[PDB]
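Check out this one - cyproterone acetate stuck to Androgen receptor.
Shown for chain A, in order and in the PDB entry numbering: 671-919. Reckoned from all heavy atoms, side chains included, excluding hydrogens, waters and symmetry mates. Looking at the header, which is where the method is noted, we find X-ray crystallography, 1.8 Å. Note that ligands are numbered from 1 as they come in the structure, with each ligand's atoms numbered from 1 the same way.
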Amino acid sequence: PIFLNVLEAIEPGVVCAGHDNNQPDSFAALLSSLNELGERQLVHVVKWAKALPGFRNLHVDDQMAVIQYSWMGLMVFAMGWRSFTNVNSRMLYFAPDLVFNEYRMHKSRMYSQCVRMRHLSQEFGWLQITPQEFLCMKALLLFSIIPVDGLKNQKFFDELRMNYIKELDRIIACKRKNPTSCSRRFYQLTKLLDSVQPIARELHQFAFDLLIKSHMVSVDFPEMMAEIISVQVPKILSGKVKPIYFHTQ
Ligand SMILES: CC(=O)O[C@]1(C(C)=O)CC[C@H]2[C@@H]3C=C(Cl)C4=CC(=O)[C@@H]5C[C@@H]5[C@]4(C)[C@H]3CC[C@@]21C
């Protein structure tokens, strides 16, 4: 079980936001905490990606680009998994010290996005997604958004993405002998994977908008987050970089 051994081994451990839960649930306090958590996670996201099987095969430039493009989707998906495994998707578990209940969802000003993320988290339960499927799908999300015009080394990327799909295929078939059973599961998993993209798109828009009006005085947005939102996110929003949907949207 080489492939799965690796996925489990490189999976980041718990990361706290450093949020003081005694403070009032203001937009400012929740924003400060979310961003701090964001910057902290990004640190782990980069090391995670670079330790992924075959990732080093990508051109240096494509490595960081791909990481930065899928960043948001990766955080949505993983966050959704933590909510499911920790609080049975009852609340949004961004971190042990930063759990969103109804009031915080409203206070953050991303209530609808949170509700959509809550749905996503519940799909992990309805579909009975295994830790194995979760890990392989999360890795695939890393390879699910690229420039329309292509990456420095597009063929290496396509090769890699294909191999990860093949792995997701092995997972599904490991305990399934009748093809139909397998096809049904693949359908379910690819539909779930797709559903992450629309949510990340809205979060991308929300982040961009906030960065702009925030720049006015408080450019308090962390460094790495600030770089991705000002340099990479617009490429997505303007349509130069797009997600790779499995099914027609
Ligand atoms: C309230 C809000 O706007 O949050 C945002 C901004 C621009 O501040 C917009 C989208 C927010 C991001 C969306 C999610 Cl799913 C997160 C998940 C997660 O596990 C850790 C907490 C972070 C982020 C990446 C969060 C950082 C603050 C963002 C970027």
- cyproterone acetate - ligand or chain assignment: ligand 1
- Proximal candidate to atom 8 (O) of cyproterone acetate [heavy atom criterion; set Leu701, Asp879, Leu768, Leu707]: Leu701
- Task: Specify which UniProt domain of chain A supplies the largest share of contacts to cyproterone acetate.
- Result: NR LBD
- Query: Which of the listed options, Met749, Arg779, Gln711, holds the heavy atom that is closest to atom 18 (C) of cyproterone acetate?
  - Reply: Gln711
- Message: Looking at cyproterone acetate, would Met787 count as a contact under a 4.0 Å heavy-atom criterion?
- Response: yes
- Message: Quick one: what's the source organism for chain A in the PDB entry?
- Response: Homo sapiens
- Can you pull out the closest protein heavy atom to atom 22 (C) of cyproterone acetate? Residue, atom name and distance to 0.1 Å, please. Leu704 O, 3.6 Å
- Any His874 heavy atom less than 4.0 Å from cyproterone acetate: no
- Message: With the threshold set at under 4.0 angstrom, would you say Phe878 reaches cyproterone acetate through any of its heavy atoms?
- Response: no
- Query: Between the candidates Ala877, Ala870, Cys784, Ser753, which shows the shortest non-hydrogen contact distance to atom 7 (C) of cyproterone acetate?
  - Reply: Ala877
- Contact with cyproterone acetate for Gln783, non-hydrogen, under 4.0 angstrom: no
- Nearest-neighbour protein heavy atom for atom 12 (C) of cyproterone acetate, which is reported as residue plus atom name and distance: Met742 SD, 3.9 Å
- Counting only heavy atoms on the protein side, is anything nearer than 4.0 Å to atom 20 (C) of cyproterone acetate? yes
- Query: Tell me: protein heavy atom nearest atom 29 (C) of cyproterone acetate, and distance?
  - Reply: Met895 CE, 3.8 Å
- How close does the nearest protein non-hydrogen atom get to atom 1 (C) of cyproterone acetate, and which residue and atom is it? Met780 SD, 3.2 Å
- Which residues and nucleotides from other chains come within 4.0 Å of cyproterone acetate, counting heavy atoms only? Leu701, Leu704, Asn705, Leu707, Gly708, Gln711, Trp741, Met742, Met745, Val746, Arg752, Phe764, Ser778, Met780, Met787, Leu873, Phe876, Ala877, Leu880, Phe891, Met895
What does the N/O contact table under 3.5 Å look like for cyproterone acetate?
residue	atom	partner	partner atom	Å
cyproterone acetate	8 (O)	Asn705	ND2	3.3
cyproterone acetate	19 (O)	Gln711	OE1	3.1
cyproterone acetate	19 (O)	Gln711	NE2	3.3
cyproterone acetate	19 (O)	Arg752	NH2	3.3

